[PDB]
*Asks:* 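For reference, this is Basic phospholipase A2 VRV-PL-VIIIa solved together with indometacin.
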Amino acid sequence: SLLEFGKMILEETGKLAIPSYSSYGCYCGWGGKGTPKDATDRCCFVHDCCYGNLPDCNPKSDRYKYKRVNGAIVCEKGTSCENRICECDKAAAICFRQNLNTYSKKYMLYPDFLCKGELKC
Ligand SMILES: COc1ccc2c(c1)c(CC(=O)O)c(C)n2C(=O)c1ccc(Cl)cc1
């Protein structure tokens, strides 16, 4: 679920998901279109594609369980949808952590009109 994902993001990065990752670039949050602005935004593009692999799952609301094995995220067994949603969220949180060094506040609240075009998953 979005609330869990926000907690996983905060745990990984030390940034609050809202507002650091909820309106960032072209894909973090509302998403849709354009060339991702930077590595962090690319994390969000891939996460959007990951959710898109799961058209009959409901990632905003479906809760999954995960644990920490020392710092590593281990998705625990739930339903198929929950397992897959967890792996998508885990990857995004790790991606955000791996790209904190280039995270840029100038991309927060990035305007939709600067995000134009395709980019297939
Ligand atoms: C490839 O682009 C997508 C497609 C679907 C998406 C998202 C991004 C994000 C992006 C996000 O919030 O990070 C969410 C939440 N999607 C869904 O929830 C969703 C839910 C139910 C169905 Cl049936 C289909 C899709």
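For reference, positions follow the sequence shown, starting with 1. Both counts, for ligands and for their atoms, begin at 1 and track the order of listing. The analysis underlying the following values was restricted to heavy atoms, covering all of them including side chains, and did not include hydrogens, waters or symmetry mates. According to its header, this structure was worked out by X-ray crystallography, 1.4 Å.
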*Asks:* Just wondering, which residues come within 4.0 Å of indometacin on a heavy-atom basis?
*Replies:* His47, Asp48, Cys49, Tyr51, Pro55, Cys57, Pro59, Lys60
*Asks:* In indometacin, which numbered atoms sit nearer than 4.0 Å to a non-hydrogen atom of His47?
*Replies:* 13 (O)
*Asks:* In the protein, which heavy atom is nearest to atom 21 (C) of indometacin, and how far is it?
*Replies:* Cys57 O, 3.5 Å
*Asks:* So is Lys60 polar-close to indometacin, meaning N/O to N/O under 3.5 Å?
*Replies:* yes
*Asks:* State which residues of chain A, listed by UniProt as binding Ca(2+), have a non-hydrogen atom closer than 4.0 Å to indometacin.
*Replies:* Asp48
*Asks:* Please write down residue, atom name and distance for the protein heavy atom closest to atom 10 (C) of indometacin.
*Replies:* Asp48 OD1, 2.9 Å
*Asks:* What protein heavy atom sits nearest atom 19 (C) of indometacin, and how far off is it?
*Replies:* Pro59 CD, 4.5 Å
*Asks:* Would atom 25 (C) of indometacin count as contacted, meaning some protein heavy atom under 4.0 Å?
*Replies:* no
*Asks:* I'd like to check which indometacin atoms, numbered from 1 as shown, lie under 4.0 Å from a non-hydrogen atom of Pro55.
*Replies:* 22 (C), 23 (Cl)
*Asks:* For atom 9 (C) of indometacin, what is the nearest protein heavy atom, given as residue, atom name and distance?
*Replies:* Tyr51 CD2, 3.5 Å
